[PDB]
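The model presented next includes anamorelin.
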Amino acid sequence: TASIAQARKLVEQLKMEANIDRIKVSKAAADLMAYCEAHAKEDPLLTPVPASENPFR
Amino acid sequence: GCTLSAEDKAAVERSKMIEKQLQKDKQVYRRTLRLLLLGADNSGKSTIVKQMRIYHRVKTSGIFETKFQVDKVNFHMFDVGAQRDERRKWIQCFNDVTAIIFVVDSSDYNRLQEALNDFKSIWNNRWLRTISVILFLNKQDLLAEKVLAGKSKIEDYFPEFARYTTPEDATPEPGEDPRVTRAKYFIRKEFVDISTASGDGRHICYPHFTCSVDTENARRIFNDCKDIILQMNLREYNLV
Amino acid sequence: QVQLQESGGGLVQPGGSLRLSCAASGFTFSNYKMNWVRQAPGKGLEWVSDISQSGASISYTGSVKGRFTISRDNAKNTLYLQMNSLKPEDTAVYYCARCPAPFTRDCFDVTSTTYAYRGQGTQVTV
Amino acid sequence: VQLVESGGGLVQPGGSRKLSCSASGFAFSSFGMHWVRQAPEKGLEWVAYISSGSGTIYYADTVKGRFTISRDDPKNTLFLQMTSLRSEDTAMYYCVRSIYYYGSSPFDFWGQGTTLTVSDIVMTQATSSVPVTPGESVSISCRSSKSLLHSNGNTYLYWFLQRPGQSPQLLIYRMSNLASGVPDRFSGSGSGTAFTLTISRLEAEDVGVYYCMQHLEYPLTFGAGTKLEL
Amino acid sequence: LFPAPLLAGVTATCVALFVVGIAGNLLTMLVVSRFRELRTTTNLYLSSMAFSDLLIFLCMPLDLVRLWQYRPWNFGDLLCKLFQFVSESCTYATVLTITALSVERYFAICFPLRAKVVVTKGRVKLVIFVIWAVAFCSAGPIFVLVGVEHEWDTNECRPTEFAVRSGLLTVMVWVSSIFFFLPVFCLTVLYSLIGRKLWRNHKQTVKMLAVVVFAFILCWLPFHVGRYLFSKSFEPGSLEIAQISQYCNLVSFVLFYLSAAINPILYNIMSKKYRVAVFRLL
Amino acid sequence: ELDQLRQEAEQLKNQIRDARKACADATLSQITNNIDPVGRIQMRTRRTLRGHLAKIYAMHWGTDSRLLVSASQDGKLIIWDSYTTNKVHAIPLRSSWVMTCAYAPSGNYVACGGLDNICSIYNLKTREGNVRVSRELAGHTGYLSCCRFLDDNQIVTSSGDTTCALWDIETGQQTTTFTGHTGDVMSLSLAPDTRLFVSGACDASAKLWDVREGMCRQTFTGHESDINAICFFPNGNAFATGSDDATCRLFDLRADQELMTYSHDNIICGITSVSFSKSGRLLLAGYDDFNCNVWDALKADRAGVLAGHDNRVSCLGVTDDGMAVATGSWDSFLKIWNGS
Ligand SMILES: CN(C)N(C)C(=O)[C@@]1(Cc2ccccc2)CCCN(C(=O)[C@@H](Cc2c[nH]c3ccccc23)NC(=O)C(C)(C)N)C1
């Protein structure tokens, strides 16, 4: 009788997870791109810093 | 050193002392040989570790370790407990052990194919390609009784047994019937064929016929590890 | 979403024949080695047959060797098992197992109690 | 943690004495040890240093040829063998812990001290005595002959408080960091040459003498001491 | 002395050997240094041999000039002594490192577990240092034997007539012959034991050890027989022995530079770790 | 009754897939098509940390981007000073088989675990001057995969058995248990706000958990094989995974979908580690091949390659300021990489 209990639990989990409001992929990709653009100048790996500022050189 | 403050020099000295302790640990780490013990629930490897204990704990204990010495050489055997069925992930932690000790119950033919598949998986693994296997074909007396009784037949599960004949060159134990020798040689030949099917150059299998009363398993492990180390030395010293 | 569905199965007279199919989806069928496993009542899962990525290497267990044939169709994403001359000892639930990783010879846990890349099985009765 | 010193007493101006420092409650072998002496009614004065391993040993210029420092790690004892003792060697000798790694707090625990009676960067503390009342703010300043800032960015300035009849207690290490067990009312700041110590709310417990020490180079040098009194 | 075409051919073969040996030694040193995994115990001895052979080859052009042309020695006495000191020290270091490799291989094969317990790299570096010190102290009486000899019109780097008359020449001959008699014994006995152990498949390891020992004897026996003939050539009654001692030393010269060229191939060709490292260099 | 439940689960999965498809109006690659390429990312090994005897499984950065901690199968934890290559601490473990490391955000504690089903916490700053074990958490019935500190008194672990747990260090008890997966949970990533976390298990799925409610919010199920690594986008609204199949994938919390795949035909090995850049435009992944590939997050392109290690790359991390990347591998060496 463990299989039916597991199936009931899985059905309950699927029922909970189905009820979610989802935004479009365009808006989400735009948000990711905007975050990447707004913080570009603060990335030492993307834009390497001069040797006078690099603590590892 | 230059351009270092006094605190920097003291920190460097502390780091050097740590490195000294690390070297002292490294010597001991290199001294010992690590073995991984595998098998099924009917293999009887519990008795094997019990008889290794002659040579000298939370409930959910993930690993059991036993130590023993043969001729002033330290061996560390690791037994896996309180782990799930899936071995594909935690088996990669034992890719640098000296050898794998595989224990097989040869008495029952119902689960011999399961042992053969386990040996195939261990032998053919990507991260276990270098490791050699010391194979113990346990419970020889039970197999001898089963083959003398005649009630159970090996050809039911391995149909090629009828076509098998024991090799002309053989070393049977004194007082052993030819049927027992034929059964033992066929059972060992299955594992040897699996071993030699692929990857024979990198690693070697060492088959043995052991039992519960046998007390020479420590010496057999010692000799097989000596041969493994000899092969590794041949590879390392540009001899090959 | 890795899915494996088995189709064939049913009541068989002794000496009869069957053909099992395993339609696979959610992964590239060509890069994986496929297996067939079964679980007879009152027993654990048993490995039955095996076939490589191209079908070059094929392996059977000794109990069914000479009667069963395994084949795959990499274009149709399906796995087959032709069961000839069934015996009353062959009554089990047959599963279509997938090897854990691609481009590998070794399959580890296809017969484990809970395996993620295995099907729901089909009932074969003789 | 406990450091107990033994030895000391009436000694002739030509005799030899041996001081011992028995340690318990901490990992003795992983700490560097210092000897610091304070003359009667005078300020502190560094003497010697032996590192966690016995490789590195330092001495003050005034005791270089006569004193020697050694440690016995299995016994957790620190020694100081003194010979050719002069009349200016009369002081109370302290036993000080010091551990050095990235972010450590050296000079944190001092011993109770043992008294002996015999029959370089300049740190300036202009103030000598200051009258205070509880519930006030006071500032204690000091100056350094040499700039204490390093290329590492650290400044290596230490502040100690010696309450009446007790051993010194570390307050601030490397000019800004507050030692553990010290109340948050103490604050440390300053330039690379001039520094200041601020107490926000005075208490009867804060009355004592405050010393400043540099750890940029050896020998380690102290200030004269600014005394807060009620 | 010898006809011109013969020396031209010998020079061509010697410069070909120079190219081969320089390339091999540079590749060995680069491979050992670049990879931390290939920094094994035996690779330290291999690197020491590579350094010794590299110095021997860097000293080669003065030797070719000295035989080839008999040009006057306007380079000075100190260079005349230093050149041969460096060459002799490098040869002694090479033979001592060969013997050390033989001993280490024997101990690592016949007693594997005890060798892995006992052998450490900290002792290996000390052994290398003692080898180099023994080389520098056995090649150190070459500041008295060798000097520039005149008749400034004609000058050569030659053994000193006072050393020859007093008798230092034969003592140095025997001291050098020790460096042949001991390594050949060690190599032969230990490699025979290794082959016996491996012979109880494994055919190529024994055959390769026999090629290595045969190459050692082939290249180093004429070197010391030629030195003995040279030392005996100085007797005023030694007339017939001059031509044999001449061509014996010329052949020993060619095999002397053949040894520094073949040592990297003999010791680095079967590693299967060196090969993949070189192909990783690309 | 089982058949009806299975049919209902199938219907629910179908409608979830339909809802996810309805929101897929455009792809990430379409929107970022006109964006300028990052270029070529050249990096050099600034430091190399030596001292471990065996292979390294985990490393972690301090909140001050200077200090590290690493684990090896020798049974040792080493804390490094990355600026000067100084070993600050060396901690011997009771069990050799250690799989994970964690550094407390305050910096006072370090945790570790492995084949022994225990998470051990060590007190770095004691009055005795030594590092001593502070607590052993002993509830899991499988090997410990990952550890992540919440505070000085809270930690989240993932284990070989399918569950994940939240612990109270002072009492040593499981405050919460997360019981959704059906395989070994292999990785674990904490959100920037530390109100949520994600995990990747040996099934092809990943789950989003609520730390305080102690329940699963979303499942993503995009890969084809076991998921070995997981990491959060710095925004906290996305995450990336690495799996036994050669691909790496980026998933979206708000759109409940998969955004883009990072795969190439020449890559046929598994990804062991995954990390993001401070700006989030660079994705760094370690491979079974002895190299590490830098990826362009917005456009699926390989900007650069890290080709220093000569064994399997096992761990990977980027400092909080984004200054450097540290790479561990099975040859027992750590490398710090920096730009030009
Ligand atoms: C024509 N022959 C008869 N003559 C007069 C010779 O001199 C030679 C022919 C030759 C000329 C020019 C170029 C190449 C070969 C024959 C003999 C060898 N030899 C040397 O110079 C010796 C001197 C020596 C150093 N320790 C000893 C101990 C005992 C005897 C001798 C020596 N050093 C060397 O071999 C190296 C290469 C190691 N530096 C040269």
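Labels below follow one simple rule: chain letters A, B, ... track the order of the sequence lines, proteins then strands, and each chain is numbered from 1. First listed ligand is number 1; within each ligand, the first listed atom is number 1. Computed from heavy atoms alone, side chains included, the values below leave out hydrogens, waters and symmetry copies.
Going by contact count, the macromolecule most engaged with anamorelin is what UniProt calls Growth hormone secretagogue receptor type 1.
The letters of other chains with a heavy atom under 4.0 Å from anamorelin are E.
The organism reported in the entry as the source of chain E is Homo sapiens. For chain E, the UniProt-numbered transmembrane segments (first one at the N terminus) that bring a heavy atom under 4.0 Å from anamorelin are 3, 4, 5, 6, 7. The binding site of anamorelin (heavy atoms under 4.0 Å) is made of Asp63(E), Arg66(E), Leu67(E), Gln84(E), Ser87(E), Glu88(E), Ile142(E), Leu169(E), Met172(E), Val173(E), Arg227(E), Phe230(E), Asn249(E), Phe253(E), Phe256(E).
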